[PDB]
Every structure is written in C-alpha cells, then in structure tokens.
Amino acid sequence: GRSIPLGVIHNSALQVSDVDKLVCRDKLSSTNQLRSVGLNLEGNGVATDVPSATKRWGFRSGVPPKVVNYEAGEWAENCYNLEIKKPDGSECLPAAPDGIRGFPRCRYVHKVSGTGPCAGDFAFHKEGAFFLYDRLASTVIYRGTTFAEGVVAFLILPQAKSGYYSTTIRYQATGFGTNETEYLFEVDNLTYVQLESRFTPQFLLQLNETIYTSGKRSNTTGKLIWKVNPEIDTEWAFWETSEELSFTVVXXXXXXX
Amino acid sequence: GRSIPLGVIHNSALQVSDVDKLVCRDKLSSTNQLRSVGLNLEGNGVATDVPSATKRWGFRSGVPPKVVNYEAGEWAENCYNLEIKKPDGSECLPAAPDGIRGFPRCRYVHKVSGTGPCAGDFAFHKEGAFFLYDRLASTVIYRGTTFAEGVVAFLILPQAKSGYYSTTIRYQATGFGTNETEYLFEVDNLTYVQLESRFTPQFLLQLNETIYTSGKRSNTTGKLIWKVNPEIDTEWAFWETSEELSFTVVXXXXXXX
Amino acid sequence: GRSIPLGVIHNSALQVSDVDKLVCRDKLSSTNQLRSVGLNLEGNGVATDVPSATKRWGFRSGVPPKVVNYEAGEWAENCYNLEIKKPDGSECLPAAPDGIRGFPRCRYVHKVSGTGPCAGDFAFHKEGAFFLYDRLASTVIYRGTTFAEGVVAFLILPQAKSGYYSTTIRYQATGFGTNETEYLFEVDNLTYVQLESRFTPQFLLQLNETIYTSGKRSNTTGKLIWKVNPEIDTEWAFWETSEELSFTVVXXXXXXX
Amino acid sequence: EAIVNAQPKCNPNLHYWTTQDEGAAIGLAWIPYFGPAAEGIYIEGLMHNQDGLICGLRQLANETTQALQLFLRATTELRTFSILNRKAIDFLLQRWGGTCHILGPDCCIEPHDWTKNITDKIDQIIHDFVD
Amino acid sequence: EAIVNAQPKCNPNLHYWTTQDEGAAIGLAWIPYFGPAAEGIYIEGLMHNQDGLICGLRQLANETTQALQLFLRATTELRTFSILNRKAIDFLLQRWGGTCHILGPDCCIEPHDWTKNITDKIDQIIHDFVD
Amino acid sequence: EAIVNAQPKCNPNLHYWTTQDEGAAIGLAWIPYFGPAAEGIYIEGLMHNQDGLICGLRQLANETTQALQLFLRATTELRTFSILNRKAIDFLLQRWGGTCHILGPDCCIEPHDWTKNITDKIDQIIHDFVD
Ligand SMILES: *[C@@H]1O[C@H](CO)[C@@H](O[C@@H]2O[C@H](CO)[C@@H](O[C@@H]3O[C@H](CO[C@H]4O[C@H](CO)[C@@H](O)[C@H](O)[C@@H]4O)[C@@H](O)[C@H](O)[C@@H]3O)[C@H](O)[C@H]2NC(C)=O)[C@H](O)[C@H]1NC(C)=O
Ligand SMILES: *[C@@H]1O[C@H](CO)[C@@H](O[C@@H]2O[C@H](CO)[C@@H](O[C@@H]3O[C@H](CO[C@H]4O[C@H](CO)[C@@H](O)[C@H](O)[C@@H]4O)[C@@H](O)[C@H](O)[C@@H]3O)[C@H](O)[C@H]2NC(C)=O)[C@H](O)[C@H]1NC(C)=O
Ligand SMILES: *[C@@H]1O[C@H](CO)[C@@H](O[C@@H]2O[C@H](CO)[C@@H](O[C@@H]3O[C@H](CO[C@H]4O[C@H](CO)[C@@H](O)[C@H](O)[C@@H]4O)[C@@H](O)[C@H](O)[C@@H]3O)[C@H](O)[C@H]2NC(C)=O)[C@H](O)[C@H]1NC(C)=O
Ligand SMILES: CN(C)CCOc1ccc(/C(=C(/CCCl)c2ccccc2)c2ccccc2)cc1
Ligand SMILES: CN(C)CCOc1ccc(/C(=C(/CCCl)c2ccccc2)c2ccccc2)cc1
Ligand SMILES: CN(C)CCOc1ccc(/C(=C(/CCCl)c2ccccc2)c2ccccc2)cc1
Ligand SMILES: *[C@@H]1O[C@H](CO)[C@@H](O)[C@H](O)[C@H]1NC(C)=O
Ligand SMILES: *[C@@H]1O[C@H](CO)[C@@H](O)[C@H](O)[C@H]1NC(C)=O
Ligand SMILES: *[C@@H]1O[C@H](CO)[C@@H](O)[C@H](O)[C@H]1NC(C)=O
Ligand SMILES: *[C@@H]1O[C@H](CO)[C@@H](O)[C@H](O)[C@H]1NC(C)=O
Ligand SMILES: *[C@@H]1O[C@H](CO)[C@@H](O)[C@H](O)[C@H]1NC(C)=O
Ligand SMILES: *[C@@H]1O[C@H](CO)[C@@H](O)[C@H](O)[C@H]1NC(C)=O
Ligand SMILES: *[C@@H]1O[C@H](CO)[C@@H](O)[C@H](O)[C@H]1NC(C)=O
Ligand SMILES: *[C@@H]1O[C@H](CO)[C@@H](O)[C@H](O)[C@H]1NC(C)=O
Ligand SMILES: *[C@@H]1O[C@H](CO)[C@@H](O)[C@H](O)[C@H]1NC(C)=O
Ligand SMILES: *[C@@H]1O[C@H](CO)[C@@H](O)[C@H](O)[C@H]1NC(C)=O
Ligand SMILES: *[C@@H]1O[C@H](CO)[C@@H](O)[C@H](O)[C@H]1NC(C)=O
Ligand SMILES: *[C@@H]1O[C@H](CO)[C@@H](O)[C@H](O)[C@H]1NC(C)=O
C-alpha cells in the first residue's frame with residue numbers, strides 16, 4: 001500500500017503534492033477545487049487497433065471487481081464494446097451493473113462479437129489500467145457496454161487560472177483472449193474482411209465504402225471473406241495526422257490486390 | 001449548475017447562507033447541527049385530490065433515476081400508492097429498490113390500481129419535485145410503494161433554540177397519465193363511484209359509509225357505478241378546516257341525488 | 001440514541017473520548033489515525049460450541065438488515081456457516097449480498113446443515129452483537145457464508161507507539177433455533193455422532209479419527225448414529241490450554257464407552 | 001439572500017416525524033432482534049411559525065430543488081448520503097483552507113483576551129522601570 | 001515529487017468532457033422530466049499544453065494507478081465516491097489536527113498585520129509618556 | 001469515561017488480520033489481473049496486553065454496540081462506510097467550527113513562541129531608547 005497522489009501546480013508545473021511536507025501557501029478554499037479526472041491510454045501512444053487492444057485484457061478469478069468515480073474525461077477516438085460468449089453459448093462478461101453506462105465520447109466504437117475460452121470470472125486489464133465508462137472507472141469489462149482504456153488522476157486546482165459524431169465498427173472473433181485470436185471486419189452479415197493490426201478505422205470505413213459501391217458483397221446465402229494482400233499499405237498517432245484496388249474470387253475466400 | 005442552498009437563521013429569520021461572504025459569527029460545532037429535511041407540497045396549498053395529483057406526474061425515458069436522503073419529514077394528509085399496468089398486463093413502475101419503504105406518516109393513502117399507455121421507462125414529477133419515501137427522496141415513482149410529493153431543504157441549526165391513524169382509499173383507473181383519465185372510487189369489488197376533483201377524502205369515507213348502511217351495494221355478479229349529481233357540493237386547505245341523499249338505479253350505471 | 005464512542009489513549013490507558021470536553025493535546029494529523037476494528041466474542045469467554053452458539057441467534061421480521069464496515073479483525077478459533085431450510089425445502093437465510101465474503105481467519109468452520117421453523121425474515125443476534133464477515137459487520141446471518149460473532153470499536157491512534165490452517169466440521173440439525181434443537185456431528189454421509197455442548201472441536205476431530213481408523217463407519221446403506229456415554233469427559237478457554245474407547249452396536253443407534 | 005415565501009398557501013404548523021437522536025434506550029430495545037419494527041422507530045414534534053420559520057422552511061425547500069436536481073443529474077451515485085458531510089467540509093475549508101491572516105476579514109481568530117494580556121502586562125516593565 | 005513524462009507519446013491537447021458546474025438552467029431544463037437524456041448532460045472544453053500541464057496530467061494519472069489499485073483492493077465498497085472528500089479532510093487535519101503553535105513551521109497563521117498593530121500602537125504609551 | 005472490563009474472561013492477546021497500508025508492491029503484484037485473490041490480501045500482527053490495551057479494546061467494542069446499533073437503525077444506507085470520516089469532521093468542527101478566541105479554553109492555538117518574540121523584542125525600543 002501507498003498514499004494516492006494528488007496533483008498540484010507549483011512554479012508553473014504540475015507536481016505530486018509531497019505528503020510529508022506542509023505548504024501553507026497552498027490553498028483549498030472549497031471542495032470544488034478538488035477534481036478526479038480520466039485520461040485515455042490513446043494519448044500515451046498505445047496501439048488502438050482491435051487485435052493489439054484485446055491482447056491487453058485477460059480473464060481471472062478470485063479478484064472482486066472494483067469501481068471508482070471520475071468527474072471529467074477525454075474524448076476518445078477508440079472505444080470498445082464486447083459481446084463475447086463461450087463456444088457453449090454462455091456469456092463471458094457480466095451485464096452492466098445498474099448505473100454504469102457507456103463512455104460518453106467515442107469517435108469509433110469497436111464492437112466485437114465472438115467466442116473464446118474465457119478462463120476466468122472477470123476480464124481485467126493486464127497492464128493494471130482501468131476500463132472507463134460514463135464517469136465510473138472499473139477494474140473489469142462489462143458485457144455490451146462501451147469503454148475507453150484509461151487511468152485516473154486527482155488534482156487540486158487554484159481559484160483563478162464541431163458536434164459529436166460516432167461510428168460503430170463491427171467485428172467477428174474466434175479464440176478471444178488467447179495466443180491464436182482470429183478477427184474479421186464486418187461489411188454485412190455475409191461479407192467480411194480478414195483483420196490485421198495495421199488497419200486504421202478510416203481505412204476500414206473506406207474499404208467498406210469501396211466494397212458496397214464496387215459491388216463486392218456476397219450475392220449468395222454463403223459467407224464471403226475478403227483478404228487484403230500485404231502490399232496494400234495503411235508510425236503516427238491519430239492526433240498528428242478511390243477505385244484503384246481490384247477484387248477477384250479465388251464459405252468462399254478471396255483476395256484484393 | 002449552481003450551489004445547493006443551506007438554510008441558516010440570522011436576525012430572527014431563516015435565510016439562504018450567502019456563499020461568497022464569510023460570517024465568523026456563524027458556528028458549526030458539530031455535524032449534528034446540519035439537517036436535511038422534507039417538506040410536503042400539501043403545505044403549499046396544492047390540490048391533493050387524485051385526479052389533480054396524477055396530472056403532475058408523467059413518463060419519460062433516457063433519464064436515470066436518482067435518490068437523495070433526508071432525516072426528518074412532515075406528517076401527510078395525502079399520500080399515493082400506484083399499481084399501474086399497460087393494457088397488455090406489463091408493469092409500468094419498477095419494484096421498490098432494496099431499502100426504499102413507504103412514507104411513514106399518511107392520514108390517507110390513495111391507492112390507485114389501473115391502466116394507461118405508460119410511454120416511458122420511469123414516472124417523474126412534471127414540476128421537478130420529489131417523491132418522498134421513508135427518508136429517501138426519489139426523482140421517480142416506485143410500484144406499490146406509498147409516497148408523499150415534496151421537496152428537500154438543508155439547514156444549519158444553532159446549539160440552543162394523539163397517535164397515528166391511516167386509512168386506505170382505493171381507486172380504479174383507465175388511461176392513467178393522459179388527457180382523458182377516468183377514475184372510480186371503490187366501495188367494494190363490484191360497487192364503485194365516478195370520481196371528481198372536488199371530492200375530499202372525508203367525503204369519500206362518508207359516501208362509502210352511506211352506501212354500506214343504506215344498502216346500495218351491488219347485489220348481483222355485475223359491476224355497479226354510482227354517479228353523483230353536480231348539485232351535491234363538497235377553497236380551504238386541510239389544516240384550516242347523514243341520510244339526506246337518495247339513490248336510484250337508472251355494467252349498470254346510476255345516479256345519487 | 002447516543003454518540004458512538006471513540007477509543008483514545010490517555011495516561012497509558014484506553015478511554016472513551018469524552019464528547020463534552022475538548023483536549024487540545026489530542027492530535028489527529030491524518031484520517032489514517034482513525035481505525036474501525038472487529039473483536040470476537042470468543043475473546044470474552046463465551047461458549048463457542050454449536051449448541052450454545054446457535055441459541056444466541058433468532059429469527060425476526062420487520063427489521064431491515066444493516067451493515068457497517070471494519071478495517072481489521074481478530075483471528076478466530078470458531079466460525080459458523082449455516083445452510084438452514086424449512087421442512088418444506090425453502091431457504092431460511094438470504095444469499096450473501098454482492099461483496100460480502102466469509103470471515104477471513106477461522107481455525108474451525110462449524111458448517112451446520114439442517115432444518116427449523118424459521119419464524120421470521122432474517123436471523124439476528126439475540127444479544128445485539130454482530131455477524132462479522134470479511135470486513136463487513138452485519139446485523140443478520142447470510143446463507144452459506146462463514147462468520148464470527150463479534151462487536152465493533154473505533155479508535156484514534158497516536159503517530160508513534162505460522163501460516164493459516166482451517167478445518168471444516170459438519171453438522172446435521174433438526175428444529176434449528178427452537179427449545180428442542182437436535183444436532184449430529186458428521187463422520188461421513190451415513191455415519192454420525194449425537195452432539196453435546198461439552199464436545200470441543202479437537203475432540204470431534206479425534207473422535208472422527210478414531211472412528212475411521214477403528215473401522216466404525218456405516219457398512220450398509222443405512223444411517224448410523226453413535227452416542228457417547230456421559231462418563232467420557234472432554235472451564236478453560238481455547239487460548240489458555242488413542243484407542244482406549246470401545247464401540248458396540250445396540251436407522252441404527254449405538255453407544256461408545 | 002432572503003427567503004420570500006411565494007407559495008399560494010402556507011401551513012404555518014410543522015407536525016414532524018424523525019428518528020430518535022438523544023436519550024438512552026430502555027433496557028434491551030436497542031438490540032435489533034428485540035427492538036421496534038420499521039414502522040415504530042419514529043418520534044414526533046410540533047413546531048409553530050415563530051420567526052416565520054415554518055413558512056420560510058417551505059419556501060427554502062422549494063428554492064433548493066433546482067440546484068439539488070442539477071446536482072443529482074451530475075452524480076452517478078444511485079443514492080446520495082454525503083451532501084451534509086460535504087457542506088461541513090466546505091464550511092471548514094472556507095475558514096481554514098489557507099493561511100489565517102490575523103485581523104483579516106476572512107480569518108476567524110479573536111485575539112481580544114490576547115490584546116489585554118500583552119497591553120495589560122506592559123505595566124510590569126514600564127511601571128517596574130525602577131531606578 | 002516532480003512529474004517526468006515517461007510515455008512513448010503525448011497528445012499535447014486535452015479535448016475534454018464533463019458536466020455543467022456553473023450557470024443557471026434555461027427555464028425548465030433542470031426538471032428531470034423535461035431535461036436532457038443521459039447522452040445530453042455533457043459540456044466540452046479544449047486545453048493546450050501550457051506549462052506542460054497536459055503531458056504532466058497524462059503522466060500523473062499513470063503514476064496514480066498503483067496506489068489507487070491497492071486502495072481499491074483494500075476497500076470492500078463496490079463503488080468508491082469518497083476519495084476527494086477524504087483528501088479535503090486530510091488537507092484540514094495536516095494543518096489543524098493539533099494545536100497551532102504560532103510562528104511554528106506547521107501552523108498556517110499569519111500575524112503580519114497583528115505585529116504592526118501591537119508594535120505600531122506602542123507609540124500611544126511610550127510616545128504619550130507625558131510629564 | 002474510563003474503560004472497565006466487565007466480561008467473564010479476556011483473551012489478553014490480539015492475533016489480528018488486516019490489509020497492507022505501508023510498503024511498495026513487489027513488481028506487478030498491484031495489478032488486479034496478476035495480484036492475489038481475495039483470500040491472499042491479508043497481513044497479520046500479534047499484540048500483547050501492554051497498558052491493558054487489549055482487554056480495554058474488547059470492552060470498548062462491547063460498549064460501542066448500543067450506540068452503533070441505534071445509529072444503524074436510524075440510517076437508511078444499507079452499508080455504512082462514513083463513520084470514521086464523520087468523526088474526523090466532528091474532530092475539526094469541535095475545534096475550528098467557530099471563532100478561535102486566543103487563550104480561551106476551547107481554542108487550540110499556542111502563542112508560546114509569539115509571546116517571547118514580542119516580549120523579547122521590547123529590548124530593541126526601550127533598551128535602544130538612546131538620548
Ligand atoms: C504507465 O506507463 C508505463 C510506461 O508507458 C507503462 O509501462 C508498460 O508496462 C507494461 C506491463 O505492465 C509493459 O508490457 C510488457 O512489455 C514487455 C516488453 O514488450 C516488448 O518490448 C520490449 C522493448 O521495449 C522488447 O524487448 C520485448 O521483446 C517486447 O517486444 C513484455 O515482455 C511484457 O510481457 C509486457 O507485455 C509495457 O511494455 C510498458 N511500456 C513501456 C513503454 O515501457 C505502464 O503500463 C503504465 N501503467 C498503466 C496502469 O497504464
Ligand atoms: C416552487 O414554487 C413555485 C410557486 O408555487 C412552483 O411554481 C409552479 O410551477 C409549475 C411548473 O413548473 C406551474 O405549472 C404550470 O402552470 C401553468 C399555468 O396554469 C394555470 O394557471 C395560470 C394562472 O396562474 C393560467 O393563466 C393558465 O391558463 C392555467 O390555468 C401552465 O400553463 C403550465 O403548463 C404548468 O402546468 C405552476 O403553475 C407554478 N405555480 C405557481 C403558483 O406559480 C414550483 O413548481 C415549485 N417548485 C417545486 C419543485 O415544487
Ligand atoms: C457486553 O458484555 C456484557 C457482559 O458480558 C454482555 O451481557 C450479557 O447480556 C446478555 C443479554 O443481552 C445476557 O443474557 C441473558 O442471561 C440471563 C441470565 O442467564 C443465566 O445466568 C444467570 C446468572 O448470571 C442465572 O441467574 C440465570 O438463571 C441463567 O442461568 C438470561 O436470563 C437471559 O434470558 C439472557 O439470556 C448475558 O447473561 C450477559 N452476560 C453477562 C456476563 O452478564 C452483553 O451481551 C455484551 N454485549 C454484546 C453486544 O455482546
Ligand atoms: C464536479 N463537476 C461538476 C465539475 C468537474 O469539472 C471539471 C473537472 C476537470 C476539468 C479539466 C480541466 C483541464 C486541466 Cl486541469 C479543467 C480544470 C479547471 C478548469 C477548466 C478545465 C480536465 C482535466 C483532465 C481531464 C479532463 C478534464 C474540467 C472540468
Ligand atoms: C440525524 N437525526 C437522527 C436527527 C434529525 O432530527 C431532526 C431534524 C429536523 C428537525 C426539524 C425541526 C423543526 C424546524 Cl428546524 C427541529 C430542529 C431542531 C430541533 C427541533 C426541531 C424539522 C424541520 C423540517 C421538517 C421536519 C423536521 C427535527 C429533528
Ligand atoms: C486502513 N487499513 C488499510 C489499515 C488498518 O490497519 C489496522 C487497524 C487496526 C489495527 C490494530 C492494532 C492493535 C491495537 Cl490498536 C494496531 C494499530 C496500530 C498499529 C499496529 C496495530 C487492531 C486492533 C483491534 C483489532 C484488530 C487490529 C492494525 C492495523
Ligand atoms: C501460444 O502460441 C505460441 C506459439 O508461438 C506459444 O506462446 C505457445 O505455444 C502458446 N501458448 C499457450 C499458453 O498454449
Ligand atoms: C445482421 O445480424 C444481426 C445480428 O445477428 C441482426 O440483428 C440483424 O438483424 C442482421 N441484419 C440483417 C440486415 O439481416
Ligand atoms: C458500409 O457502407 C454502407 C454503404 O453506405 C454503409 O451504409 C454502412 O454503414 C458502412 N459500414 C460501416 C461499418 O460504417
Ligand atoms: C456477384 O458475385 C461476386 C462475388 O461472388 C461479386 O464479385 C460480383 O461483383 C457480384 N455481382 C455484381 C453484379 O455485383
Ligand atoms: C388531449 O385532449 C385535449 C382535448 O381538448 C387536447 O389537448 C388534445 O387533443 C389531446 N392531446 C393529445 C396529446 O392527444
Ligand atoms: C377484492 O379484490 C382484490 C384485488 O383483486 C382481492 O385481493 C380481494 O380478495 C377481493 N376481495 C373480496 C372480498 O372478494
Ligand atoms: C366502507 O365502509 C365499510 C363499512 O364499515 C368499511 O368496512 C370499509 O372499510 C369502508 N371503506 C373504506 C375505503 O374506508
Ligand atoms: C339490491 O339491488 C339494488 C341495486 O341494484 C339496491 O339499490 C337495493 O337496495 C338492494 N337491496 C337491498 C335490500 O339492499
Ligand atoms: C420449550 O420447551 C421448554 C420445556 O421446558 C419450555 O420453555 C416451553 O414449554 C417450550 N417453549 C415454547 C415457546 O413452546
Ligand atoms: C455427501 O453429501 C454431500 C451433500 O449432499 C454431497 O455433496 C457429497 O457428494 C456426498 N459425498 C459422498 C462421498 O457421497
Ligand atoms: C475424518 O477423518 C478422515 C480420515 O483421515 C478425514 O479424511 C476427514 O477429513 C475427517 N473429518 C473431519 C471433519 O475432519
Ligand atoms: C461393519 O459393521 C459394524 C457397524 O454396523 C462395524 O462396527 C464393523 O466394525 C464393520 N466392519 C469392519 C470390518 O470394520
């Protein structure tokens with residue numbers, strides 16, 4: 001155990017308030033000056049693609065879930081929403097407790113439906129971070145509820161110092177939360193694309209667009225899986241950044257080059 | 001948003017404690033001097049008849065219910081207890097959460113059973129007031145749980161400055177919480193009276209008394225609805241205030257004159 | 001009602017901090033100096049045998065259960081875990097609420113399965129003490145959840161001043177929580193011993209040992225109940241403290257002398 | 001601000017209910033097994049409109065509703081029990097949250113007796129300036 | 001301690017969401033029946049990395065996680081809303097939890113004006129020492 | 001009041017369990033995914049009856065029960081976690097809830113060093129009264 005840090009500003013710099021020393025110059029005139037705050041892992045430069053993101057979460061028993069609140073958060077580019085079952089059809093994640101709603105600002109909601117072994121009662125963050133929901137940070141993932149990965153801070157402040165769009169991106173998954181997890185991006189209920197880590201959200205929405213307009217959807221009752229060749233490219237984080245492709249049919253797999 | 005007012009006594013008068021100014025003369029020696037308190041809408045002179053009272057409540061989705069506690073309340077003349085279903089038999093109001101009990105002091109509990117469209121997940125107060133339960137004030141109505149309408153205050157106090165009867169009154173209702181709501185006062189399971197806004201609780205208990213003793217109950221398997229003529233009278237609030245009528249039979253409607 | 005006592009140390013002695021007097025010498029530099037603490041009834045010298053312990057608990061309706069937390073507790077010799085039903089098979093105790101786990105340190109868990117009338121919604125302590133669970137003290141018993149009997153204290157501290165084994169002991173019970181309660185210690189699912197107040201945990205584990213090794217278990221499909229004669233002995237509390245017996249068969253009752 | 005009752009009517013009497021806060025329990029009545037049921041934990045009192053307190057109280061509660069409702073919209077707690085403790089904390093922080101500048105307007109320290117301990121005891125150094 | 005950002009990258013801008021804390025409600029919008037749904041209770045702001053505050057904030061939250069997680073392991077509350085109120089209480093106890101020894105290092109009392117009220121008013125007893 | 005142990009017996013030793021409050025976590029053990037299960041979050045200590053503390057503690061807890069039970073009857077919270085924070089608040093309000101009258105019995109301010117800063121520095125105005 002150790003004291004929870006409190007952020008304070010000295011000499012035009014944020015600092016951890018030193019517990020052992022007393023600064024009478026510091027002023028807390030009201031409990032409004034105290035704030036609890038959620039910052040997203042995105043903003044530290046972590047991979048936000050579904051394959052990389054899910055490998056950070058894992059199932060574990062014997063640990064009761066815990067929840068702490070926060071008053072303010074950061075708009076996300078990438079949030080996740082999981083509907084994971086075992087191959088016997090039983091749910092892997094628990095229903096959202098009463099009062100826990102999805103994260104309020106997500107540009108892309110990565111909605112993953114699928115299956116995996118789920119060897120544990122709850123799904124935690126392997127790196128110790130939190131699943132940020134609407135002003136509640138939990139240690140675990142709730143079923144079918146939108147979350148951003150993140151962490152929490154506490155501050156003492158001084159006393160004087162475009163709309164919202166959201167697009168859902170749907171994924172099938174097998175062997176969720178294991179070494180051999182296979183993901184598929186969904187164009188429609190019969191047309192899919194083999195996922196890779198290098199695909200961005202905007203590439204998936206353009207690839208989708210190109211599939212619908214070019215007429216490359218499944219025109220049978222069968223399942224259609226388009227693979228993308230390694231030559232088609234897609235180290236820059238989100239905040240600092242046509243009909244040329246040709247599709248041919250080789251369940252029914254195929255290639256796009 | 002704005003600061004929650006705190007009541008304090010200056011110059012032999014209750015005042016809202018002014019947030020921006022500091023009065024060192026004011027003394028809070030203990031957290032017992034702080035009190036949260038529930039006052040009933042009754043005491044402001046609002047109509048307490050069932051027809052008028054129910055028109056103040058309405059169904060709404062998208063708003064999570066909220067609950068705040070209070071330590072002391074006011075004895076009510078009029079409380080309400082709703083068992084409302086849709087015409088397809090599904091419940092309109094949620095079961096009382098664990099720990100929420102009915103308002104402790106009600107002279108009359110207006111128990112309304114019936115139906116309505118219920119176009120919304122929860123029933124709120126259209127005027128922004130609270131449903132006062134046992135030391136918990138909620139923004140919404142719980143099923144089959146007795147409540148008084150009211151509002152909440154917070155006070156700083158200084159450091160030095162007949163039993164309980166309750167009678168239940170039963171009502172049928174159709175088209176609950178709409179422009180054309182029809183109410184019926186219940187004498188027994190087959191004998192009813194068409195309700196009006198002008199009928200007081202004491203008039204209903206006398207009218208009931210007169211029906212039982214005069215022998216004007218339904219003596220068939222059929223439903224019997226007595227109407228009262230407009231000439232039979234019934235602007236004074238509750239805290240400041242025989243066999244002459246003749247009944248004749250015209251389902252089976254009838255008149256009392 | 002009366003003020004909750006707070007323990008503090010003056011003149012090398014624990015005292016109840018006197019509410020009406022102010023001692024400026026007393027120092028609370030941090031909210032860590034405040035502690036809430038659970039002490040077990042065991043340590044006051046109460047009978048801890050199952051028959052004597054259960055007579056301290058009883059069923060009652062109309063009283064909502066209440067729970068208060070505590071940070072530190074005392075290792076127990078004797079804890080209890082109840083699975084009690086009515087003779088019609090309905091549960092007498094409620095499922096442990098979310099977040100309430102069994103008491104963390106028990107040398108012996110007295111697991112009583114059985115039946116009784118259960119004339120009340122919840123089971124309370126007749127002497128007003130608490131059922132201590134994992135850092136939560138409740139006024140009532142939860143189903144199939146391990147508890148120590150105990151009480152709670154609150155302290156202001158100054159700023160400067162073998163593993164864990166657990167053995168479960170299983171009991172059948174009829175007429176639980178009444179004047180004529182009959183208990184049976186379980187050797188296996190077909191071999192039992194008539195219980196008495198004078199039997200200690202260590203005697204039961206030795207008696208069990210002697211039954212298994214001497215070969216006195218039920219070797220039929222039928223139930224076998226060994227009685228112990230009054231001559232076989234067993235006023236010292238737990239913290240301050242062979243093959244000679246002969247078994248003969250007289251359902252099928254028997255004696256051990 | 002001042003409290004102006006702006007309601008159609010005022011019941012000038014407050015017949016109130018609450019729980020017991022003072023007095024020792026009669027024998028074993030404190031033990032939940034033996035004590036009263038939920039219906040029987042209440043006491044009552046009657047208050048009249050001295051200083052116009054009852055009518056102000058009704059108005060105060062009415063005026064509280066907006067701020068209170070907005071606060072409940074902004075909290076994710078299902079049930080809020082901390083409002084009064086938080087007001088106590090804010091009471092203390094308003095007074096003791098910084099350095100207390102003595103004789104400043106925002107510092108509740110009275111040196112009254114400390115003035116006439118120092119200015120009174122100058123007559124054991126200037127009065128006892130014996131040659 | 002000082003805050004050293006040790007993350008691979010820092011988004012130097014904080015596009016934030018929160019609830020409204022200041023400003024009166026527009027007419028009846030405070031009434032839950034009439035007001036916004038859960039989706040529409042938020043405000044936004046944009047903060048840039050002046051004083052390196054945004055990047056420090058990201059690092060602060062990262063460093064908070066261990067202590068915070070250990071605290072949540074040790075609590076039996078399912079949802080914890082009391083951390084900030086408890087910090088306010090500890091703020092006060094650090095300063096006012098014992099006797100305030102004036103001019104001591106751990107006592108936030110300023111007698112500045114009280115010095116030049118006493119040392120200034122010696123010239124109405126030694127200056128007015130009229131023979 | 002004083003604590004008079006009035007129990008049949010006293011176990012003079014307190015073999016206790018609690019959670020860890022001091023010490024940094026060993027590597028990744030703080031991460032809930034990797035850390036101990038509910039069964040393995042406890043530490044232990046052993047305390048003997050020095051100053052009769054253990055036996056008083058047993059008696060204190062016994063005497064606490066009535067007040068505590070009555071408090072739980074009067075609250076509508078299902079689980080109460082705020083008792084200690086409220087005692088901290090009451091600790092502060094008892095001392096700092098009004099104006100601190102210096103040298104009064106209910107004001108924990110010590111001017112000790114402030115006495116011998118003023119009464120000591122009179123010998124740079126009466127001692128330096130040079131003609
Ligand atoms: C607070 O910020 C810290 C700094 O960003 C975060 O540190 C991260 O901590 C996690 C584990 O808790 C690390 O994950 C491990 O990574 C190693 C190494 O993986 C690869 O990289 C190295 C080269 O750097 C290479 O040698 C290896 O071959 C790997 O290719 C794995 O071996 C482990 O199994 C585990 O996955 C992160 O790497 C680490 N990041 C950095 C930048 O150091 C910390 O998690 C943050 N805390 C919270 C709560 O968010
Ligand atoms: C705090 O106290 C206030 C004063 O008592 C309460 O004010 C009430 O606020 C509600 C709406 O929030 C009003 O209801 C509206 O009433 C109007 C007018 O209805 C009729 O009356 C006028 C004449 O006065 C007449 O011109 C009309 O033709 C109507 O016959 C309706 O148009 C609206 O639709 C709505 O129903 C109350 O009227 C108003 N009362 C008073 C006395 O002004 C306030 O609600 C209290 N707050 C809480 C939380 O209880
Ligand atoms: C705090 O400590 C107190 C002292 O240890 C505890 O006092 C106990 O209180 C309970 C009731 O609340 C008593 O139980 C009653 O006992 C009497 C007497 O039983 C037998 O003993 C007497 C001789 O002493 C004898 O005359 C009788 O014939 C009985 O054989 C019964 O009549 C009652 O029905 C009831 O069972 C305990 O006896 C009493 N203990 C002592 C040592 O006085 C108190 O409970 C503690 N509080 C908590 C919350 O734990
Ligand atoms: C209690 N609530 C009703 C009010 C909470 O309000 C806020 C809580 C923090 C902030 C934040 C900030 C930005 C940097 Cl401190 C802020 C603080 C004061 C004034 C303006 C902005 C913030 C911080 C990190 C992540 C997200 C936001 C803004 C508002
Ligand atoms: C924390 N509880 C255990 C104690 C709460 O007790 C009370 C909480 C408020 C009051 C009230 C009143 C009347 C006017 Cl302030 C009161 C306060 C002090 C002493 C006597 C009476 C009250 C107020 C408005 C509505 C209802 C009641 C009385 C008792
Ligand atoms: C907030 N928590 C993370 C820390 C709580 O920690 C403790 C809470 C009480 C004690 C207890 C004791 C023993 C006598 Cl006070 C203790 C206190 C300070 C230092 C060392 C020991 C104790 C008391 C009665 C029953 C059980 C234990 C020890 C630790
Ligand atoms: C997962 O696959 C990889 C193959 O390189 C390897 O780590 C291991 O064989 C597998 N892990 C488990 C736990 O089976
Ligand atoms: C596609 O699948 C989803 C999930 O099973 C289903 O709800 C939806 O109705 C389907 N859509 C169409 C157009 O068939
Ligand atoms: C894919 O393109 C179609 C065609 O406009 C669009 O309706 C659909 O929403 C797109 N899919 C996604 C996941 O955005
Ligand atoms: C029908 O089938 C194939 C996929 O099997 C697809 O590539 C083709 O474009 C479809 N036809 C049209 C007219 O789009
Ligand atoms: C309700 O009835 C009245 C008739 O005067 C009128 O306000 C309206 O036609 C009805 N309202 C709705 C919403 O249908
Ligand atoms: C009257 O109706 C109620 C509600 O359905 C029912 O519970 C009750 O038994 C009935 N009473 C009689 C006397 O039939
Ligand atoms: C109506 O009168 C009868 C006859 O005394 C009585 O038993 C019944 O309770 C009365 N109804 C109501 C609603 O008070
Ligand atoms: C039987 O029937 C009528 C109502 O249909 C009622 O008015 C009449 O009084 C009843 N008979 C008696 C004897 O009460
Ligand atoms: C329980 O049995 C004993 C027999 O001595 C006696 O107290 C009583 O008859 C019984 N009690 C009840 C409540 O029946
Ligand atoms: C003994 O009985 C218990 C409880 O019914 C049961 O779970 C267990 O399987 C049984 N054990 C054996 C060895 O038959
Ligand atoms: C009884 O003895 C057997 C034989 O070793 C042992 O396995 C069993 O656990 C014992 N029973 C109890 C309740 O300890
Ligand atoms: C078989 O039966 C009896 C109990 O009915 C028992 O005493 C005896 O020892 C058993 N036989 C053996 C070989 O243990």
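So you know, we letter chains A, B, ... as the sequences are listed, proteins then strands, and number each from 1. We count ligands from 1, going down the list as the structure has it; atoms in each ligand are counted the same way. The figures that follow rest on heavy atoms only: side chains count, while hydrogens, waters and symmetry mates do not.
The chief contact partner of ligand 6 in this model is named by UniProt as GP1. Lab note: drug at ligand 6, from bortezomib, toremifene, tamoxifen, identified as toremifene. The chains other than those of the drug that have a heavy atom under 4.0 Å from toremifene (ligand 6) are C, F.
As listed in the entry, the molecule name for chain F is Envelope glycoprotein 2.
Heavy-atom contacts of toremifene (ligand 6) within 4.0 Å involve C:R35, C:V37, C:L39, C:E71, C:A72, C:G73, C:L155, C:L157, F:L14, F:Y16, F:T18, F:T19, F:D21, F:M47, F:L57.
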